[PDB]
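Comments concern the structure below.
Sequence lines map to chains A, B, C, ... one by one, in the order shown. Chain A residue numbers are taken from the PDB entry; in order, the displayed residues are 1-334. The numbers used for chain B are those of the PDB entry, and the residues that appear cover 1-333, in sequence. By the PDB entry numbering, chain C shows 1-333, in order. Chain D is numbered as in the PDB entry, which gives 1-333 for the residues shown. One-based numbering, in listed order, for ligands and for the atoms of each. Heavy-atom basis, side chains included; hydrogens, waters and symmetry copies ignored.
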Amino acid sequence: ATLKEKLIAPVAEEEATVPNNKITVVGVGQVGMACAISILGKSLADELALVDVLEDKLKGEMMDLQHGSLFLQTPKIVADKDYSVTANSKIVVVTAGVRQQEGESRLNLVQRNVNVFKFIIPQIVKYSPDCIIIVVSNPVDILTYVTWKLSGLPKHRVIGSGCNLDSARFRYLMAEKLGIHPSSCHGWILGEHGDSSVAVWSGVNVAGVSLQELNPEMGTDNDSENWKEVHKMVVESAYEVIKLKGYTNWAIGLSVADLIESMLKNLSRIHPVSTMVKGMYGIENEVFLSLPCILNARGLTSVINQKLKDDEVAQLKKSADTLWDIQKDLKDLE
Amino acid sequence: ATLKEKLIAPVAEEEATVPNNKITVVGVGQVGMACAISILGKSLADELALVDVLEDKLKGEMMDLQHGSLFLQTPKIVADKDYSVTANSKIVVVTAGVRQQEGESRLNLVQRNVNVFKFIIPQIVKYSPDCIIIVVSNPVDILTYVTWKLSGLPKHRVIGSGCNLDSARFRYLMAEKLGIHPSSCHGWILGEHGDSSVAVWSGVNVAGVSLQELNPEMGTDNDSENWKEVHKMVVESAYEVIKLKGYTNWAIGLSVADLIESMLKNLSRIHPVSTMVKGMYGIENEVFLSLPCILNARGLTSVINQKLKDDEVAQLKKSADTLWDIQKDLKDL
Amino acid sequence: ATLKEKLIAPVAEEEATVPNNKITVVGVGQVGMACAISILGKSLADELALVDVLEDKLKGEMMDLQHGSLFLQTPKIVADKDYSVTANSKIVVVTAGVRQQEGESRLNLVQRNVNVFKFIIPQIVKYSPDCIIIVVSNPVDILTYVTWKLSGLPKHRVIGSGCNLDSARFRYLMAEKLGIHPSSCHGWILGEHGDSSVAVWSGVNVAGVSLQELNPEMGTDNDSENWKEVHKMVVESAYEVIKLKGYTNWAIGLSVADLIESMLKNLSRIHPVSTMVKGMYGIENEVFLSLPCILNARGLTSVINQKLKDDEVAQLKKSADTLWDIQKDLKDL
Amino acid sequence: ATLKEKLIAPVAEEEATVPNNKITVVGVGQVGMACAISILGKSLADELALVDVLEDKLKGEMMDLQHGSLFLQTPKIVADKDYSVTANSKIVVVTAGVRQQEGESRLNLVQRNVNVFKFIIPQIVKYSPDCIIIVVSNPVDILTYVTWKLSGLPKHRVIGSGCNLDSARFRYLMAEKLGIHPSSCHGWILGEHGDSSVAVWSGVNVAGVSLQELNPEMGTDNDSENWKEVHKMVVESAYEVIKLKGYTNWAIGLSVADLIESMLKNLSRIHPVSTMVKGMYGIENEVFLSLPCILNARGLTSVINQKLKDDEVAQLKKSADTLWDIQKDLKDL
Ligand SMILES: NC(=O)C1=CN([C@@H]2O[C@H](COP(=O)(O)OP(=O)(O)OC[C@H]3O[C@@H](n4cnc5c(N)ncnc54)[C@H](O)[C@@H]3O)[C@@H](O)[C@H]2O)C=CC1
Ligand SMILES: NC(=O)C1=CN([C@@H]2O[C@H](COP(=O)(O)OP(=O)(O)OC[C@H]3O[C@@H](n4cnc5c(N)ncnc54)[C@H](O)[C@@H]3O)[C@@H](O)[C@H]2O)C=CC1
Ligand SMILES: NC(=O)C1=CN([C@@H]2O[C@H](COP(=O)(O)OP(=O)(O)OC[C@H]3O[C@@H](n4cnc5c(N)ncnc54)[C@H](O)[C@@H]3O)[C@@H](O)[C@H]2O)C=CC1
Ligand SMILES: NC(=O)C1=CN([C@@H]2O[C@H](COP(=O)(O)OP(=O)(O)OC[C@H]3O[C@@H](n4cnc5c(N)ncnc54)[C@H](O)[C@@H]3O)[C@@H](O)[C@H]2O)C=CC1
Ligand SMILES: CNCC[C@H](Oc1ccc(C(F)(F)F)cc1)c1ccccc1
Ligand SMILES: CNCC[C@H](Oc1ccc(C(F)(F)F)cc1)c1ccccc1
């Protein structure tokens, strides 16, 4: 007999087991592995599946993770260029494609990553018809729209990682000013994950105290405390970090892990993420951008209606315009 | 014009949710709440259901937990005398029934808790036919047997918390001896969760160093390290705690959470838990007692075969005879 | 020639080291043990010390926790009626004294519990001159004032658990009404942890959306929603739970641990807790009541100044007057 | 008045605070950042400090982590090429230096990395004279010797990550073969973190069942289950992963965090880490290699005396000689 047979006496019939909280990460570059190690660190998946077109690095990442297995709570890790290995995922994180060169706008990536997504979105849905797709690749709003169209999935099951990260950055910068933890700072960056984002100044608050009531000039050009510069640091953050170390990955990895935690624990927590906002704030096309949404096990099930101020609605409309201007030229999507 | 309608714009239609990791704790006493609170503390459930016969205390425990929701990760906590609230439970923990008085053996409770289990076990399976059942009430070995029989579930879905806790206690006393963390001490108490439990001296080791190898008289009357008294402390521990504070609950609630974690995260980790050991070590009947078992999302799917020494095998058989003497006379199971 | 001596070769010479994260809990009742298990399950202490007047209960509780050690990350669990066991604690949580009977106001617990504190507090300060004290016993506001006075510690090191719990409950009720997690609902209950607490309607908000903007009648009697009813449920919660199960413990246990976590990890997070509010909002004496405060490793280092509406300031003055009426007549402090 | 002066009212005076649990990571490469994120994900440090000679990369890594601050529990993240930033670190991880090329042996990296450490280690002890140093850069056993000599620290505060990773790899492969979780398989890979590591077959056990009792040919060349091939996979794993992805980093980050947790929580758990083994198993010189060691807040305070088999003592003495043969010719330490 094998050692296994000497040691192990079966009590159950052997059986094909169906993973419950299977997560797939697509693309195992900087962002993909940031997301993967964050997912594994929070024990969010009982099965992790990696997909990339670079087979050698894909197998290497899978082996490195598997070696850390003693320290994790994920009994199965699997990797393949073939999407069969992503079968029955609850959530598929898509991180594949080109990124920004230094100084380069995410919008300049569209045409390349669109061609990438046309190949990978169908495959996801072939093997995980019931999954939630979290889109990360840039430009994230456009490609969330593109994934929704390409997948034929319900709007609530195709989420763009959107401004979660921008908002996190916002709240850290405010936190650094006030000397309090970021989670005790409340503020929402909305719209495009990019240059046209919108700082909802009217919502920024500590312990229910409106900071715009303490500082009516907050977010104007004439503001002795210059909070416009905080929104600007938020807008420029990606470019500065890309200039310094060539990419960003740890922050987005943590943010994606936060979204996943809200969905798999069925928490119904509110996250600023990218969704179709046709018919709100006067936007008239099928634009995707970040609004506050309720995330739980079903995916994105609600948007929060806000009492945006005039200049804030105007910024949001301009961001919607910038995005639709690129969306309207996107063909061959079904 | 409701504030919820003003505030929330729906994206998906509202649908009826079935929970993924629903756990039910039956009995909301010292042990039941210790279990519920350990379960919530580790975010093991997306839905906790409490069941008891005391409707007032039940709703009170439920409300106190819900008041804690801000600090938890469990969106739905519910409670009811009616087992319909437990439907679709992935795991059901049974803690309901009578407990030991001071000095009282756990076997003394069989008659009463059989009558208890004969009512609740059916109710459980009636509403969650695919669940795993973790028996905690005493005597837990005999009651896991009773539960297996009444439920009609496969033996891999009926689990008795067993000696997980005895072994935790053993490992604590070991680490106290040695100045190491309990998780770096290894040693298994097996057999009855009670006075007939067996210390597997041949398995006791620190970092793969057999301590019986550095002491062939480990566990005997002529033992300079006096390990026998450690096994006696493990055996007497419940009674001592019961005398000092009337009951035990914290360690067992942590134990049961450990088991649930291994099963919900599907780790196939090995725990000394109570299972049907017919055909092992010369035991000829469907005795339930604790052995090392592999636990995962299907439940208790394998037992580990061990090369027990003769004396260990003999204590194990004696423990099986103790239990089977009670089991063989139970009726209408 | 002992087992330890043969198994372990020393690399460092034996020294007595001081714990880095010692927490003491005073009182091992329902609340003290809910606190202990919450602290242990979050691995917030490297040494936990339990103190009570009931020596047997105390030993029993300590033994139960130690028997759970395998599942925990606290290598030292110690218990004694002598406060020498609490020496060098970073945080001391006081949960000792009488609690409310059915329907009893917390302010009716004053004299009894003041006497208790007069003995407990000096002992704490003798053995942990540098600790932060978290007062939990009721009335928590008046007793936080008492502890400040008895101890001689600075204001930033005497913290009343206060309305953290009240707000928790508020946020839970809110979440039930809106169908979101309590953490994504924001709203502040301030003032006394008791009947005169103040719902800060003007701060209530989801995702930065002022709920009193979508509903300016919020908190009045002309309200289509029943928000005042939410605040009333908050006020009555403790009585309702005391009536169903005789006491409350799980939610306050999680609240105390939430505060300890902000402190020990130095996060400077904002919690509504009881501090000395003389000179704010027109309050004229050294009243202790809950405001939103920045907590971290030094303790309670800032209060948040808020733009309370006139009715809110008025309710807060009414709270502070209820409390000061009791305080002013307190002697031998 | 500033917005912050309006918002925040001081309760305590301003004061400079010392981090309680500061960790510095030296080198922000693949491995350094893998360690960094592993430490942050476990909320192991209240202050994280990064050091590297690449100023731009250094600042960028720092900025990324800060932008993740909302999802974390480390309130202060600093970085600089100046070691002033590392002042008062409790633990300093050293990951800086050259790494293996494809197929290259770690020993071939000594010269270059000695020149690294001759600069780095004196800086470290300059600002944290009391710290523990975890050496990760390769060759890790040799560089741990170098760090010990250069730092003038006591042995219990210079720890090489050693075979913690090798054993992790060992256990994973073993779990893969048995269908159980790696934590329920026990097995020690000792000696050099390199081609001369020793597999301690006599300790390999599941639930205390010695697997070399069921397979007495385990470890030999005449073993139909080819356990020696498992040890081979452990020795080759780093080369295979380097050939596939260019380096390894995640598994060692997790291993390092596991060590840090044992020490900062004062758990006294046992890890296979590199210590100075002179006078052990016939080793005559100040060689560093991995044995099972107790780790707690003081550092590496104990080694576990093992009853190795003759062949295993042999492979360990070969490892020692392989190492000392390089160690002995190093200058200016
Ligand atoms: N939403 C956000 O906040 C952020 C978005 N991003 C975006 O994330 C995406 C990736 O960034 P990095 O991880 O640093 O790039 P990376 O180059 O370091 O890794 C990208 C991965 O995509 C893989 N890939 C390309 N086409 C593929 C296909 N058809 N199938 C499978 N794999 C494919 C490449 O092999 C590579 O391994 C980029 O678009 C970047 O702009 C980056 C950071 C934050
Ligand atoms: N396996 C182990 O390691 C341990 C086992 N136990 C056992 O666990 C059990 C619970 O002990 P405690 O929480 O201290 O007793 P407890 O009195 O504090 O609570 C038991 C609960 O069971 C409830 N209950 C009784 N009959 C019921 C019925 N027919 N249906 C529904 N609920 C019913 C009672 O109302 C009570 O609320 C006892 O059997 C005790 O012996 C306790 C400690 C250790
Ligand atoms: N602030 C809050 O949100 C809440 C506060 N509380 C308060 O917490 C306190 C404890 O309530 P419970 O734990 O349910 O009562 P509990 O009756 O279960 O007893 C707590 C312990 O107080 C101990 N004690 C009395 N004098 C002592 C002394 N001099 N030294 C050490 N221990 C002493 C008793 O022996 C008892 O063990 C009460 O004052 C209650 O009002 C309760 C719930 C919430
Ligand atoms: N013990 C173990 O199991 C393992 C050890 N290692 C070792 O980790 C070390 C680093 O590996 P990687 O992160 O992949 O290489 P890396 O090439 O990605 O980054 C190494 C960092 O060291 C920095 N550095 C070089 N000299 C420095 C100095 N004097 N001060 C500060 N920073 C300096 C470089 O700037 C680089 O940024 C290597 O020696 C490698 O062998 C690698 C894997 C596991
Ligand atoms: C895991 N599936 C089998 C579980 C159990 O089957 C068994 C029936 C008898 C025995 C026996 F006889 F003790 F060996 C052992 C097992 C059973 C019995 C009745 C209904 C379902 C399962
Ligand atoms: C950081 N907290 C400041 C220290 C505090 O000092 C006081 C501050 C204010 C007052 C009061 F209330 F104005 F009288 C009284 C004392 C104090 C109180 C008692 C003992 C020591 C310090």
- Message: Just trying to sort out this structure - which chain has the greatest number of contacts to ligand 5, name per UniProt?
- Response: L-lactate dehydrogenase B chain
(message) Not sure I'm reading this right - what drug is at ligand 5?
(response) fluoxetine
Q. Using a heavy-atom cut-off of 4.0 Å (strictly under), which other chains touch fluoxetine (ligand 5)?
A. A, B
- prompt: Could a heavy atom of B/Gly152 be found less than 4.0 Å from some atom of fluoxetine (ligand 5)?
  reply: yes
Side chain, backbone, both or neither: A/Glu13 near fluoxetine (ligand 5), heavy atoms under 4.0 Å: neither
(message) Give me the residue, atom name and distance of the protein heavy atom closest to atom 11 (C) of fluoxetine (ligand 5).
(response) B/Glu286 OE2, 3.2 Å
* Asked: What species name appears in the entry as the source of chain B?
  -> Homo sapiens
- Query: Which residues overlap between UniProt's NAD(+)-binding set for chain B and those with a heavy atom under 4.0 Å from fluoxetine (ligand 5)?
  - Reply: none
4.0 Å protein heavy-atom contact status of atom 19 (C) of fluoxetine (ligand 5), strictly under: no
UniProt substrate binding residues in chain B within less than 4.0 Å of fluoxetine (ligand 5), heavy atoms = none
Just to be sure I read this right, does fluoxetine (ligand 5) sit under 4.0 Å from the backbone of B/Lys155, its side chain, both, or neither, counting only heavy atoms?
both
State which residues lie within 4.0 Å of fluoxetine (ligand 5), judged on heavy atoms.
A/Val11, B/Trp148, B/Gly152, B/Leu153, B/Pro154, B/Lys155, B/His156, B/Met276, B/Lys278, B/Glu286
